[PDB]
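Summary heading: complex between UC-781 and Reverse transcriptase.
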Amino acid sequence: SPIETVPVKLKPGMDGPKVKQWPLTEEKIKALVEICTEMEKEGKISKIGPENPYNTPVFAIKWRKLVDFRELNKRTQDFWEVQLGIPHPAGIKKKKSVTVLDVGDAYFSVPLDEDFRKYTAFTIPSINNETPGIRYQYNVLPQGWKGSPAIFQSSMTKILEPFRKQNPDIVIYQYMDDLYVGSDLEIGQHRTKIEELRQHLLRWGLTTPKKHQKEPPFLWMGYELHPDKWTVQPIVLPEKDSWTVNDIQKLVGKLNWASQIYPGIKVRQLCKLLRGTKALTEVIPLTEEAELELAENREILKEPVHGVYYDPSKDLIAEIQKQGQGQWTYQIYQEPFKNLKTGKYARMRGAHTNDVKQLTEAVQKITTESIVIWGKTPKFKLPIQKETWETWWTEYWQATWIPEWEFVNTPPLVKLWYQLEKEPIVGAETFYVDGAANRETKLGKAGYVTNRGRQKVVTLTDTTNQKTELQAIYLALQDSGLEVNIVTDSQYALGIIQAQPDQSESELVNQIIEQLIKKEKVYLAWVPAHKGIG
Amino acid sequence: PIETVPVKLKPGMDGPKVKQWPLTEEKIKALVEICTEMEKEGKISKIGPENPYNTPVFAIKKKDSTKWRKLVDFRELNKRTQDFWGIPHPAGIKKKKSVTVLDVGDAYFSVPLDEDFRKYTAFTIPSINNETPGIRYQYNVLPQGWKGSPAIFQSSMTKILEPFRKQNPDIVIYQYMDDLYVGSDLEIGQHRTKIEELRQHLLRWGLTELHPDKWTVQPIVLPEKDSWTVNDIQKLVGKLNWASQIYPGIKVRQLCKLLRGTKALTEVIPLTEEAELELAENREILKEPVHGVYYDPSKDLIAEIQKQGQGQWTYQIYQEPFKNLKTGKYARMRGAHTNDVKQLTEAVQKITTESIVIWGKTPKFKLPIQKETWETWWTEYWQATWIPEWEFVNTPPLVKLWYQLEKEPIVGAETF
Ligand SMILES: CC(C)=CCOc1cc(NC(=S)c2ccoc2C)ccc1Cl
């Protein structure tokens, strides 16, 4: 072609590949000898001679051909990332017409930096490793070579510039060997322009085909794309009578992907089947509950989920629900009930945190996503009162934020499970708690003594020092009335005061939190340990 | 329109390969414009895929403009770029009544960049939803935000300034990145007017309110109370005890003897004469910054920030723990009430400029924010040509409680 080549080079100080030509039968050689005389005439390759010390093994599977560039590739320089981030159905706009042009064969239509070609040398074996084999090399981007994807696209980009300029109201998406061309022109004008494009391309040697011709809807990321809207490619759950772990994991994976689009999907009981499995091929019988939810899911999945595309002229709204502790669901739409996208985030589990914090996190993940999809952030409708937000955030130790949002009374609402008092409680009993353990024998004591004369101690075995300290706080909570002042020298209690977590990785802390939540007033105070403090 | 100087990366260093972070539509539209223009003006050229480097780029709205400015994050490239051993720090700059900052980044485009170094300036304009490939460019001229620009352009900058410097030798001019910090004691009126005089001058080539003498270092003020309760003393003792890591003469022995017994948290305690004096000696120690603290040009400058709440923030600049070079409080700027990120951002910029004015270098920040929160939004409120380094931390409860104690004005900074 008359396309300028891209200057390619080998990684820092490496030399081209020298892997020996795998041995083949006469049937396989006569076939490759065939295919290569073809490519050779199509200008795709060039018979070279002894002036080449490089080589790549050529194979023959059906009689087609396959060149293994694993070696050349590992020696080839790196190119700037070839579009790895693809479009999401929720972000594209509806089109009157969309046509996909298979410019696949164009892979072998783009010239290869003449200087680099020598490295693509390969050998068609001899009938019996007797006489010298047939030597060749590529003049174009080799199928399976590292720089082909990047170079093919950049080349496609240059070529498409003029056309793109001349036809602003026409969108062309380049992906792999395809060109999805969309537009809002009358179908005849569209068809006309596709032909103009097809020709323009033809001008650069890029020939595109009615038979292979692809038509809408299109399969993309698990959606079926129609010009006016999208649908989810129906997902089928293999009804079986013998489930191995592989079957069960794969299943859970697909169900996991479905929870994004379909409401009510559940895998809790199916995941239970994975416990203590001794091998992938191990057959695990489905419990009753597993047989059950796997049944409801088959149903939920029979429901047709359809969607809509992005209309720039309308608002972008994002609604969030708290389907359980740490679990969040959301749907983004412009017009009520016509979603662009939906999804949910894996149960957020951490060392220690709170629901309002988690919320802001779900909010930032959506925002990061939205900026990518629409280059704008959705207006949020959150299940939390503006007061709850103002109270929490304005005082939290960590910087946090939520873009423009509005409250929506869709229970369950996210709230503050408790709030430590800001000042000691007059008239409330004051527990002076303390815990201590031998870090090596794991033996400890936990207890308290109050200004009111109440006291208690407990001996613990196989415990840690932090646990005794917390258990001391726990007992105080357990044994006090609705209002209590608790003083401790526990450094961990210092974190609890600052962060006021409503969820933790520590079961003990969680037990403490359940107590905190239950009290009407709790003042937690910290003092340094080993002082004149009694 | 001159010859170019051979620049290289530090030995063993390869070019940046930083991913472009996602941009809003507005931001992308502005860059496309700004970039086709510079392309036409020959300042940048589209590049191939054979160039593997990349640097994040984005757009800001500098003070007073609806026009977007292209801002590139050359932090990575800067660190990789060789050294030029710029100008030493004019210690005097930090002692001026008034200091004004000027953006002279536009002077660099008038200078060609070594062709051999261009590959490394590769940047990419993303596309919404990835429907269009990214628009790859690289620079042909000195870029704003790259440490090499103010360096190479030093000789030309000094020349163009001498006249003003001599006409006004009582004025100090220090350049940092794309910035120029002009400091003088002239009254605000004769100052700002003297600035434009400099502008006009600086202007005839192609170029277009700080008070260092008021960045006083503040003392910790321990509470004084008519009557003290068990809790008051405890809160107190805990802070003082922490504080003893800075001032070893601070003691809570006598006070902790009052915390003997299991009395109610709200019960009043009589302060023994020993306790009384103990507090007095402590208040005296805290009457001044700890001795022996000197800045070290060979050390990294650190800037820690704590969120105090209600739009309040505290920071400390040090190189070694508990040996602050400076500390202070920061109140949110009007129109930022509901935005933690905007407030923090504004603070980072304020502290960095101070750090620049004082030591002529930026501090590495310890920020009380989650990485994602910051990365998602800091750019929306950024206005400086430079970008400091940062790390995300968890604020220790005590550090916040201690600096919460700093002294504030009797009334404030009064002016009708
Ligand atoms: C992601 C993908 C393969 C899209 C092509 O299919 C469609 C694309 C659009 N609308 C847009 S904005 C368009 C047209 C060509 O390329 C794009 C990205 C609408 C419907 C379908 Cl069926």
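Just so it is clear: chains get the letters A, B, ... in the order the sequence lines come, proteins before strands, and each one is counted from 1. Side-chain atoms are counted along with the backbone in the values below, which use heavy atoms only and exclude waters and symmetry mates. According to its header, the structure was obtained by X-ray crystallography, 2.4 Å. Read the numbers this way: they start at 1 and go in the same order the structure lists the ligands and their atoms.
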From which other chains does some heavy atom lie less than 4.0 Å from UC-781? A
Name the residues that contact UC-781 at heavy-atom distances below 4.0 Å. A/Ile92, A/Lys93, A/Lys95, A/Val98, A/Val171, A/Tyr173, A/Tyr180, A/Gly182, A/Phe218, A/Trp220, A/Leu225, A/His226, A/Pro227, A/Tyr309
Checking a contact table here: which protein heavy atom is nearest atom 22 (Cl) of UC-781, and how many Å away? A/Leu225 O, 3.3 Å
Could you tell me the residue and atom name of the protein heavy atom closest to atom 2 (C) of UC-781, and the distance to it rounded to 0.1 Å? A/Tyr173 CD2, 4.0 Å
What name does the PDB entry of this structure use for chain B? Reverse transcriptase
Geometric N/O contact A/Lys93 with UC-781, under 3.5 angstrom: yes
Any idea which protein heavy atom is nearest atom 17 (C) of UC-781, and the distance to it? A/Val171 CG1, 3.7 Å
Go ahead and list the nitrogen or oxygen contacts between UC-781 and the protein that come in under 3.5 Å, distances to 0.1 Å, or just say none.
unit_1, atom_1, unit_2, atom_2, d
UC-781, 10 (N), A/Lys93, O, 2.7
UC-781, 16 (O), A/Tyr180, O, 3.4

